[PDB]
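Right, one structure below, let's go through it.
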Amino acid sequence: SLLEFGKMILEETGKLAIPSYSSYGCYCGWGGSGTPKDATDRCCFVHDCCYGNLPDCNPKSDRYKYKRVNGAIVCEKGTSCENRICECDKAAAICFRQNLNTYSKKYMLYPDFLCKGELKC
Ligand SMILES: CC(=O)Oc1ccccc1C(=O)O
Ligand SMILES: [Ca+2]
């Protein structure tokens, strides 16, 4: 759920999910169109696509458990949905940490009219 995802983000990047990753670019948060603006936005695109592969799961509200084996994120056994949601979130958190160096505040609160086109998952 968003509760675990937000915590994973904070632990990984030192940034709070809201508002650093909730209105960034075209895909981070409310958002599903246009060309991703930068690496971080591409992380969100992939994350959206990952959730899209789970039509009969509820990733926003279904809670999963994860532990940290030293630095590594390890998803603990749960239902099939919880397992797959956790893997989507883990990937996004790592993607965010890998691209922190290019995170740009100019993409915060990005207006919707600047998100143009389509990218197919
Ligand atoms: C669901 C929502 O509106 O906000 C979020 C978007 C991305 C990551 C975390 C959150 C959140 O609310 O915690
Ligand atoms: Ca989105």
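Per the PDB entry, chain A residues shown: 1-14, 16-56, 59, 61, 67-86, 88-122, 124-131, 133, in order. Read the numbers this way: they start at 1 and go in the same order the structure lists the ligands and their atoms. No hydrogens, no waters, no symmetry mates; every other heavy atom, side chains included, goes into these values.
- Of the chains in this structure, the chief binding partner of ligand 1 is, as UniProt puts it, Basic phospholipase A2 VRV-PL-VIIIa.
- In this structure, the drug modeled at ligand 1 is acetylsalicylic acid.
- By chain and number, the binding site of acetylsalicylic acid (heavy atoms under 4.0 Å) reads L2, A18, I19.
- Scanning all protein heavy atoms for the shortest distance to atom 1 (C) of acetylsalicylic acid gives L2 CD2, 2.6 Å.
- Heavy-atom distances show that, of the Ca(2+)-binding residues UniProt gives for chain A, none lies under 4.0 Å from acetylsalicylic acid.
- Acetylsalicylic acid places these atoms under 4.0 Å from at least one heavy atom of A18: 8 (C), 9 (C).
- Protein heavy atom in closest approach to atom 6 (C) of acetylsalicylic acid: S23 CB, 4.2 Å.
- The entry gives the source of chain A as Daboia russellii russellii.
- This entry records no covalent attachment of acetylsalicylic acid to a chain.
- Within a 4.0 Å radius of atom 3 (O) of acetylsalicylic acid, the protein contributes no heavy atom.
- When heavy-atom distances are rounded to 1 Å, the UniProt active-site residue of chain A nearest acetylsalicylic acid turns out to be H48, 7 Å.
- Ranking the protein heavy atoms by distance from atom 7 (C) of acetylsalicylic acid puts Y22 O, 4.3 Å first.
- Atoms of acetylsalicylic acid lying under 4.0 Å from any heavy atom of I19, numbered from 1 in the order shown and given with element: 9 (C), 10 (C), 11 (C), 12 (O), 13 (O).
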